[PDB]
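This report concerns only the one structure given below.
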Amino acid sequence: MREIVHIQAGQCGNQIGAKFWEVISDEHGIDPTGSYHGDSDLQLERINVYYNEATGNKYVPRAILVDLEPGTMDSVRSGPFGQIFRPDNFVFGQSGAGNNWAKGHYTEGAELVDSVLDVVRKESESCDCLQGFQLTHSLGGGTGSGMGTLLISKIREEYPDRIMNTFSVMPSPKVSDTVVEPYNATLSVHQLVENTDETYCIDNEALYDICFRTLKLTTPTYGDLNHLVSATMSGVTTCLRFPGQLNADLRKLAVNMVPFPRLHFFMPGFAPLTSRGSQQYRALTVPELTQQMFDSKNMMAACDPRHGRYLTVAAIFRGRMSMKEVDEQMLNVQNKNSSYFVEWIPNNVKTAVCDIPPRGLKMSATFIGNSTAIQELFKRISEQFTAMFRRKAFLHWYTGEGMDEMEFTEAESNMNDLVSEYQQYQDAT
Amino acid sequence: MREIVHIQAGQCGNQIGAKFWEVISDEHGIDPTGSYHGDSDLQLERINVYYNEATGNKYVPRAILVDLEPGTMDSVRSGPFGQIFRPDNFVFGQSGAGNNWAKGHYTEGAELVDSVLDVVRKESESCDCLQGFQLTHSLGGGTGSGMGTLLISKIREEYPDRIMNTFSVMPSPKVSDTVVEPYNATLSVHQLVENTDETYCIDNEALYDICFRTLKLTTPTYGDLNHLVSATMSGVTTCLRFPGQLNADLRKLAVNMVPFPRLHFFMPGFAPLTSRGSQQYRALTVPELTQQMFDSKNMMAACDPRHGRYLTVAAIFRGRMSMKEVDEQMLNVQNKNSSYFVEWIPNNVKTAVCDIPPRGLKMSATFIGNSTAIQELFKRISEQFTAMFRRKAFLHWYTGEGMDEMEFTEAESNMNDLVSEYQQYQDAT
Amino acid sequence: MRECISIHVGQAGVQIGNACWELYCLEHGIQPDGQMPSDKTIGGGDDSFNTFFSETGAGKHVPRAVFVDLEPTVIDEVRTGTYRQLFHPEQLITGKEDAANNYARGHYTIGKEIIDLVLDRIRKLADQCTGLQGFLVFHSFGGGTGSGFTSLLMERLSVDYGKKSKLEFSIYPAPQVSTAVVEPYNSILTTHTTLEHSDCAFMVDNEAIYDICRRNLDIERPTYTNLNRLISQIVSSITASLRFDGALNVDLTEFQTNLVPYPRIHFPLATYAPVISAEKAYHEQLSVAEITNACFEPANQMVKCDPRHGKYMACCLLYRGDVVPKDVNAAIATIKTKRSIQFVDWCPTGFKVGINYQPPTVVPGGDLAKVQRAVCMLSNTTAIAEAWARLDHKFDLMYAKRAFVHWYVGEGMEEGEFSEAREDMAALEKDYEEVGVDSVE
Amino acid sequence: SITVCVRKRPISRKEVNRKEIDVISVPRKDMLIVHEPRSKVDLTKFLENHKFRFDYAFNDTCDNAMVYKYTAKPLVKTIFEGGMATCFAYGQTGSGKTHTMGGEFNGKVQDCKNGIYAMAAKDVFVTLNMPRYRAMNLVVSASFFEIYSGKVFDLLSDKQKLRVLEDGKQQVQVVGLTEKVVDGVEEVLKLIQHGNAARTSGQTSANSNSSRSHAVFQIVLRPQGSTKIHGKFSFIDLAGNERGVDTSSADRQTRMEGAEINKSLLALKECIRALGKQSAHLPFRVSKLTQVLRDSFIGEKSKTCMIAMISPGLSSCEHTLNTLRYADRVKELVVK
Ligand SMILES: CC(=O)O[C@H]1C(=O)[C@@]2(C)[C@H]([C@H](OC(=O)c3ccccc3)[C@]3(O)C[C@H](OC(=O)[C@H](O)[C@@H](NC(=O)c4ccccc4)c4ccccc4)C(C)=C1C3(C)C)[C@]1(OC(C)=O)CO[C@@H]1C[C@@H]2O
Ligand SMILES: CC(=O)O[C@H]1C(=O)[C@@]2(C)[C@H]([C@H](OC(=O)c3ccccc3)[C@]3(O)C[C@H](OC(=O)[C@H](O)[C@@H](NC(=O)c4ccccc4)c4ccccc4)C(C)=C1C3(C)C)[C@]1(OC(C)=O)CO[C@@H]1C[C@@H]2O
Ligand SMILES: Nc1nc2c(ncn2[C@@H]2O[C@H](COP(=O)(O)OP(=O)(O)OP(=O)(O)O)[C@@H](O)[C@H]2O)c(=O)[nH]1
Ligand SMILES: Nc1ncnc2c1ncn2[C@@H]1O[C@H](COP(=O)(O)OP(=O)(O)NP(=O)(O)O)[C@@H](O)[C@H]1O
Ligand SMILES: Nc1nc2c(ncn2[C@@H]2O[C@H](COP(=O)(O)OP(=O)(O)O)[C@@H](O)[C@H]2O)c(=O)[nH]1
Ligand SMILES: Nc1nc2c(ncn2[C@@H]2O[C@H](COP(=O)(O)OP(=O)(O)O)[C@@H](O)[C@H]2O)c(=O)[nH]1
Ligand SMILES: [Mg+2]
Ligand SMILES: [Mg+2]
C-alpha cells in the first residue's frame with residue numbers, strides 16, 4: 001500500500017537518486033547486494049513503499065533510470081550500489097541531448113518515451129495500491145528539463161489522480177556552468193505548472209552556502225550537495241514508512257500546503273546541520289531544531305523569505321519528542337514573525353511527528369515552505385530569458401529541432417504570470 | 001494411451017526436432033544411449049506418449065525423420081543424440097529438393113512418400129490408442145513445405161479423425177535467405193487450410209527479437225532459436241504426460257481454441273524468459289508469468305496483437321501454484337484489455353494447470369493465442385507472391401516439374417480468402 | 001554422392017584447371033601423386049574428397065576431370081610438371097594443330113576429329129558417378145578451341161545428358177585490352193551455345209582481375225598465374241557446400257532456382273570480397289559487415305562493368321568460415337537500406353544466403369592472405385548488357401568491311417552465320433531492356 | 001433448390017474518362033445496395049437504396065478463383081453421386097459474363113487458365129483420382145455447343161448444324177453433337193482454347209470480343225462399357241440483353257442477331273416466373289435456349305447456380321434493377 005515510483009532522469013537527477021538510494025537503503029538495512037541486514041522490526045513493515053521483494057529475500061528498488069547518454073548509467077552500475085537496481089530499468093539512448101531542451105523533448109526524447117512509459121507501467125501495475133511518483137531532474141539540462149517534462153506530461157494522461165512531485169534543481173545567476181540554461185529552464189517551468197502536484201525547488205548556490213556557512217565544509221563536492229538533497233527526500237515521506245504520533249502522507253501535505261492550485265513550488269530545508277566538532281556544543285531540543293528550520297541560511301533554495309510571506313509551511317519531526325513543544329514552538333514562531341506569514345490563513349504551519357529518527361542522531365526535522373518569496377527565482381530567469389530572446393540568441397539550436405517561437409513566448413508568459421500570482425497573495429490584505 | 005507420432009521433415013524441421021528430442025529426453029531422464037536415469041516416478045508413468053519401450057529397458061522415440069538430402073540425416077546421427085533414434089526411421093532420398101515446392105511435392109517427393117507412409121503405419125498400428133500427429137517443418141523450403149504437405153494430405157485420407165498439428169516456420173520480409181520463398185509458402189498455406197487441426201505459426205524474426213531483447217543474448221545461433229521452439233512443443237502436451245489440477249489434451253485445446261473451422265493458425269509463446277543475471281531480480285509468481293505471456297515482445301510469431309483481437313487464447317501453467325490466482329489473473333487481463341478480445345465470446349481464455357514444472361525452474365507457463373492479427377502474416381506473403389507472379393518470375397522451375405499456373409492462382413486466392421475470414425471476425429460487433 | 005565433372009577446354013581452360021586442381025589437392029589433403037598421407041584414419045568422404053576425386057583402390061585419388069586441347073603444347077606441361085601422376089593418362093586429350101583463333105576450325109574442321117574421343121571419355125566418368133550433379137566446363141570466349149570446340153561439345157552433351165546442369169566458366173573479351181585481332185568474331189559465334197545449351201554461364205575478363213590485383217592486392221605486375229588463382233577461389237567457394245558441412249548448404253540446383261528468373265536470364269557476374277594482401281590483412285576488420293559491402297562495390301567486380309547503371313535481379317551470398325547467420329541478416333538489411341543498390345520491382349525477397357564452415361585454403365606461393373571469412377556473390381543484374389554492347393561495336397566495325405571472313409568461310413562455315421549470331425546476341429540485349437523495367441497498366 | 005450469386009464487376013478505364021459514378025455497394029458477405037438517384041416533382045433530387053440479400057455476393061476485387069470456389073466447386077461432389085448440375089451467366093451485355101465463364105480477357109487472346117470451365121474440369125479429375133471415387137471406373141468426356149440465330153451449332157467440329165429432338169422419357173437430346181473423350185486436364189484445355197477461337201463474336205472498339213451466342217460446355221460422366229450417362233456438368237454462358245444504347249453502326253446483319261438475343265432471354269424470363277406460380281404450362285419450347293435449360297429447373301437431381309452479373313455505373317442503373325430482380329425471383333423458387 002502507498003507505493004512510490006521513482007523516475008530519475010538525466011545526469012543531475014541520476015546522481016541525486018544514486019545518493020538517494022544509499023540513504024533509504026541504510027534506513028531499511030538493505031545490503032549493497034540487496035539482502036536485509038537490519039535489526040529493528042520497523043525496517044520491514046513498510047519496506048514495500050520503495051522496494052519490490054524479489055526471489056530469495058532480495059529487495060529491488062522501484063526506480064526507473066532515464067538518460068540520453070550511456071555514460072552516467074555506466075557510473076551508477078559501477079558505483080557502490082550498482083548491484084541494487086534491476087538491469088531492466090536502465091533505459092538510455094546513445095545520442096546525447098546537447099544541453100538542449102528541444103532535442104530531449106521533441107526529437108530524441110519522443111523516440112525514447114515509448115520505451116520508458118512501457119517500463120513505468122510494469123512498476124505501477126504490480127503495486128497493490130500505488131500512491132504516486134517522484135521525478136529527480138534538473139532544470140537546465142537537456143534530459144532533466146526536456147525529457148523529464150515529456151515523461152511528466154504523459155503520465156498525467158494515464159495516472160491523472162496520483163501525487164506527482166518533483167525534486168528539481170533550478171539555476172542561479174551566481175553559479176552558471178551552462179550558457180543556454182534560461183532557455184532550458186523557462187520551457188520546463190511552463191510544463192511544471194500544469195502537470196505537477198508539488199515541486200521542491202532546489203538550487204546549487206543555496207547548497208554550497210549550507211556547506212560553507214552551516215556545515216563548515218572546506219572542499220564541497222557534488223557528493224555533498226546531493227547528500228543534503230537526499231536527506232530532504234527521505235524526510236518528506238517518513239510518516240508513510242514509519243509509525244508516528246501525527247501522520248502526513250504526500251497527499252496530506254498537498255491538501256494543506258497548496259491553497260490555490262498552480263501555487264505548488266516549495267522551499268525544502270533540513271535540521272539539524274552542524275559542523276563536526278561543533279556538535280558537542282549544541283543541545284538537541286525542539287527549540288533548537290525550530291531555529292534552524294526558519295533561519296534563511298538553512299534554505300535549499302537561494303531566496304530570503306524576508307522578501308515575502310509564507311503562505312503555508314510544514315514541519316516533519318522525527319524522534320521521541322513531545323507534542324506540546326512541537327505545538328508551542330510552531331506557535332511561538334508565527335506570532336513573533338507575524339509580518340512574515342499571510343494573515344488570512346490562521347495557523348500556516350502543519351506539524352508532522354514521526355517516531356523514528358535517522359540512524360545516527362536523535363530528533364531530526366524537515367522544513368517545507370510555500371513562500372511568496374519564490375518570485376525572486378522566477379524573475380531572475382525571466383530577466384535572462386528576455387535578454388537573450390529579444391536578440392534571438394542561440395535560437396537556431398531550438399528551431400532546427402522542430403520548435404518555433406510560439407512555444408517560447410507562451411512559456412515566457414506563463415512564467416511571468418505566476419510571478420503575478422505570488423505577488424497578489426503576498427500583499428493586498 | 002494417447003500416443004503422438006512425430007514427423008519431422010526437411011532441414012529446419014529436423015534441426016528443431018533434434019533439439020526437441022533433447023528436451024523431452026531430459027524431462028523423462030532418458031540417457032543419450034536410451035536408458036533410464038531418472039529419479040521421479042512420474043517420469044515413467046506416461047513415457048509411452050513419445051517412447052516405445054524396446055528390449056532391455058531402452059526407450060526409443062516414436063519419431064519419423066524425412067529429408068530429400070542425406071546431409072542433415074548424417075548430422076543428427078553424428079550429433080549428441082544419434083544413438084536415441086531407430087535407424088529404420090531415417091528416410092531420405094539422394095537428389096535434393098532445390099528449395100522448390102514442385103520438386104518435393106510432385107516429382108521427387110511423390111516417389112518417396114510411399115516409402116514414408118509405410119513407416120508411419122508401423123508406428124501408428126502398434127499404439128494402444130493413438131491420439132495424433134505432429135509435423136515440424138518449414139514453409140519456405142523444398143522438403144519442409146512441399147514434402148511436408150504431401151505427407152499431411154495423405155494421412156487425413158487414412159487417419160481422418162486424429163489431431164494433426166504442425167509447428168511450422170513461416171518467412172518474414174525482414175529476414176530473407178531464399179529468393180523463391182513466397183512461392184514455396186503460399187503453395188503450402190493452401191494445404192494447411194484444408195488438412196490441419198492446429199497450426200503453430202512461428203517466425204525467425206520473432207525469435208531473434210526474443211533472443212535480443214528478452215533473453216539478452218549476444219550471438220544467437222539456430223541452436224538458440226530451436227531451443228525456444230522446443231520449449232513450446234513440450235509445453236503444449238504437458239497435461240498429456242503429467243498429472244495436473246486441470247487437464248488439457250491436444251483435442252481439448254482444439255475444441256475451445258478454434259471457434260470456426262479453417263481458423264486454426266495459432267501464435268505460441270513461453271514464459272519465463274529472463275536473461276542470465278537478471279533472474280535474481282524477478283520474483284516468480286503468477287502475475288509475473290502472466291505479464292510475459294501477453295506482452296507482444298514475447299510472441300514467437302512476428303506480429304503485434306494490438307492490430308487485432310484475440311478470438312481465444314490458452315494458458316498452460318506448470319507448477320505447484322494456486323487456482324484462484326490463475327483464475328483471477330486470466331480474468332484481470334481480459335477486462336483491462338477488453339478492446340483486444342472479441343466480445344461475442346465471453347471468457348476467451350482457457351487455463352490448464354499441470355503439477356510438474358521443468359527440471360530447473362518452478363512455475364513456467366505457455367501462451368497459445370488465436371488472434372485476428374495473424375492476417376499481418378498472410379498479407380506480407382500475398383503481396384510478395386502477387387508481385388513476382390504478375391511477371392511470372394522464377395516460374396519455369398515450377399511449371400517444368402509438372403505444375404501449372406492453375407495451382408498457383410487457386411493457392412493465392414485461398415490465402416487471400418482467409419485474410420477475409422480473420423477480418424470479418426475481428427470487427428463487425 | 002555429390003560428384004561433379006570438370007571439363008577444361010583450350011589453353012585458358014587448361015591453365016585455369018592447373019590452378020583449380022592445385023587447390024582441391026590442398027583443401028582435401030592430397031599429395032601431387034594422388035596420395036593422401038598416412039595420418040588420416042578418418043572419414044575421407046566426411047571430408048568429402050568424393051566430388052572431385054574418385055578413390056582408386058590401394059590408396060589413390062584420381063580427379064574427375066578431362067583436359068582437352070587441340071594443341072599438344074599446353075597439356076604437355078602437365079606431363080611432366082608436378083602433377084604428372086595425379087591425372088589419369090587417358091583424360092588428357094591433345095590434338096595436333098590448334099584451331100588457331102578460328103571458330104570454323106574448332107567447330108567444323110579440326111574439332112570433329114577428336115569429339116568422339118572426348119565424349120567417350122566423359123561417359124567413362126559419368127558411369128563412375130553415383131549422384132552426378134553437373135558439368136563444369138571451363139573455356140575462353142575468343143580462342144578457337146575455347147569457342148569452336150566448346151560449342152561443338154555442348155551440343156553433344158545436351159543430347160546425351162540434357163537434364164543435368166552444365167555450368168560454364170568463360171573468359172570474356174576485355175574492352176581495351178585484347179590479345180587477338182579476331183577476338184570479336186569468335187565471341188559472337190559462341191553466343192548460340194552459351195545461351196541455349198549451358199544452364200548458368202559465368203563471365204570474367206582479364207582487365208577486371210588485373211585491377212583487383214593492383215588495387216585490392218598491391219601486385220604491381222600480375223601474370224596469368226596470379227589471376228587463375230582468383231578464378232579458382234570463386235569455384236572453390238561455389239562448389240563448397242557440396243563437400244563440407246555447414247548450416248544453410250546450397251546444392252548446384254539451388255543456385256538456379258534462386259538465381260535464374262527466366263531461361264534466358266542466366267548470365268550472372270561473380271565477385272569475391274576479401275581479396276586482401278597479407279600485409280593489408282592486418283589492420284583489418286574483416287567481419288561479415290565489411291565483406292558483404294565489398295561485393296556490391298563497382299570497383300571490385302570480376303567483369304568490367306558498373307551495377308549502378310542497371311538493376312540487380314537476384315544475388316547469392318555464399319560464406320565460408322567463422323560466420324554466424326544473425327550477422328548476415330544485419331548485413332543484408334544494410335544493403336537493402338542503400339539507394340545506390342537498385343533491385344527490380346518483382347524481386348522483393350532479395351537474395352539467398354549460403355553459409356559453410358570450411359574456411360578458405362592459402363595456396364603456398366599465393367598472393368592472398370589467411371582470412372577467417374570469405375564471400376562469393378553470384379548476382380544477376382541488367383548491367384551485364386553493357387559489356388555486350390562494347391563488343392558488338394567491335395564486331396560491327398570489322399564485319400562492316402567483311403575483313404577476316406575469308407579465313408572462316410574456307411574452313412567449314414558460311415557467311416550467313418555471322419548475320420544470325422549477330423541478331424541472336426542482339427535479342428538477349430533486348431531481353432535485358434525488357435526484364436529490368438517494372439510494369440504498370 | 002437453386003443457389004443464386006451476384007458479382008459486381010469493376011469500372012473500366014474508359015468509364016473513368018466519361019466520369020462514371022459507381023452506384024453498387026457490396027458492404028457485407030451476402031448483401032448488396034443499389035443507390036438510385038431520383039428527383040421529386042419540384043426538382044429536389046434525392047436518393048433511393050434498394051437492399052438485396054443473396055446466398056453469396058461478390059465484390060469488385062474478387063478474382064475468378066473465388067467466384068469458382070463458391071459457385072461451381074460445391075457442384076462437383078454432386079456429379080459423382082449420379083445427379084447433374086449447371087450454372088448460368090445472366091446479366092446485361094458488357095457486364096463481365098464471358099470474363100467469368102470463358103476466361104480473363106487478355107486483349108488479343110483468351111487466357112483460358114482462368115474461367116469456370118477450366119477450374120471445374122481440373123477439379124473433376126482431382127475428385128476422380130480419390131480412392132473413394134476411383135473405384136467406380138468412370139470416363140470423363142466433354143462436349144461444347146453454340147446457340148446462334150436460335151439454332152444450335154457445334155464448335156468442336158467446325159460448323160455442324162445440330163438438331164434438338166426428344167426421347168420418349170421427356171429428355172431433350174441435341175443430336176448429333178461431338179463428344180470427345182478427355183484424357184487429362186492438358187486435353188480439356190485444348191478443347192476450350194480451340195473452342196473459344198471459333199465462337200461467333202463481333203468486332204468493334206468497345207467490346208472487341210462481345211458474345212453473340214449462348215455457348216454451352218458440357219462434361220459428360222460415363223461409366224466404362226455401358227454407354228449410359230451417370231453425370232453431366234453443363235456450363236451456360238449467355239449472350240446478354242443489350243437494348244440500352246446499342247445504336248453504333250448496326251446494319252441489317254447486326255440487329256438480325258440482335259433481336260434474337262433479346263428474344264431468347266424473354267423466353268428464359270417467362271419460364272422463371274411461370275415456375276414461380278404453379279400448375280401453368282411452362283413455356284420451355286419457345287426458344288431453344290429454354291429447351292436446353294429445361295433439366296436445370298425441373299430436374300429431380302439438378303443443382304444449379306446462377307451467377308448474376310452486374311455493371312456498376314450510373315448509366316446502367318436501369319438494367320441493374322432489372323437483372324437483380326430476376327435473380328431474387330430465381331432464389332425464391334421451390335420446384336418439388
Ligand atoms: C557523531 C555524530 O553524531 O555525527 C553526525 C554529525 O556529526 C552531523 C554533523 C551530520 C554528518 O553529516 C554530514 O557531515 C553531511 C555530509 C554530506 C551531506 C550532508 C551532511 C554525518 O556525516 C551524517 C550522519 O547522519 C546520519 O547518520 C543520518 O542517518 C543521515 N545519513 C546519511 O546521510 C548517510 C550518510 C552516509 C551513508 C548513508 C547515509 C540521514 C539523514 C536523513 C535521512 C536519512 C539519513 C550523522 C548524524 C553524523 C555524521 C556521520 C558525521 C550532519 O548531517 C546529517 C545528515 O545528519 C551534518 O549536519 C548534521 C548534524 C550531525 O550531528
Ligand atoms: C540458474 C537458473 O535457474 O538458470 C535458468 C535460467 O537462468 C533461465 C534464464 C533459462 C535458461 O535458458 C536459456 O538461456 C535459453 C537458451 C536457449 C534457448 C532458450 C532458453 C537456461 O539455459 C535453461 C534452463 O531451463 C531448464 O532447465 C528447463 O528445464 C528447460 N530445459 C531446456 O531447455 C534444456 C536445455 C538444455 C538441455 C536440455 C534441456 C525446458 C523448458 C521447457 C520444456 C522443457 C525443458 C534454466 C531454467 C536456466 C538456464 C540453465 C540458465 C531460460 O530458459 C528456459 C528454457 O528456462 C531463458 O529464460 C528462462 C528463464 C530461466 O531462469
Ligand atoms: N585468365 C586467363 N586467361 C587466359 C589464359 N590464357 C589465355 N587466356 C585468354 O584466352 C584468350 C585466347 O584463348 P586461348 O586459350 O589463348 O586459345 P584457345 O582457347 O586454347 O584456342 P587456340 O587459339 O586454338 O589455342 C586470350 O585472349 C586470353 O585472354 C590464362 O591463363 N588465364
Ligand atoms: N471482374 C473483372 N475484373 C476486371 N475486368 C473485368 C472483370 N469482369 C469483366 N472485365 C472486363 O470487362 C471487359 C468486358 O467483359 P465481358 O466479359 O466481355 O462482358 P460481357 O458481358 O461478357 N460482354 P459479352 O461477351 O457480349 O456478354 C473485358 O475487358 C474484361 O476483361
Ligand atoms: N546538485 C547537483 N547538481 C548537479 C550534479 N551534476 C550536475 N549538476 C548540475 O546540473 C546542471 C545541468 O544539468 P545536467 O546534469 O547537465 O542534466 P542533463 O545534461 O540533462 O543530463 C549543471 O548546472 C550542474 O551544475 C550533481 O551531482 N548534483
Ligand atoms: N529456426 C530455424 N530455422 C531454420 C533452421 N535451419 C534453417 N532454417 C530456416 O528455414 C528456411 C528454409 O528451410 P529449410 O531448412 O532450408 O528447409 P528445406 O530446404 O526444405 O529442408 C530458411 O529461411 C532458414 O532460415 C533452424 O535450425 N532453425
Ligand atoms: Mg592453344
Ligand atoms: Mg460474353
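Chain A is the first sequence line, chain B the second, and so forth, proteins listed ahead of strands; every chain is numbered from 1. Cropped entry; intra-crop contacts only. Note that ligands are numbered from 1 as they come in the structure, with each ligand's atoms numbered from 1 the same way. Atoms considered below: every heavy atom in the structure, side chains included; atoms not considered: hydrogens, waters and symmetry mates.
The name given to the drug at ligand 1 is Taxol. In this structure the chain with most contacts to Taxol (ligand 1) is the one the PDB entry names Tubulin beta chain. Other chains reaching under 4.0 Å from Taxol (ligand 1) with at least one heavy atom: A.
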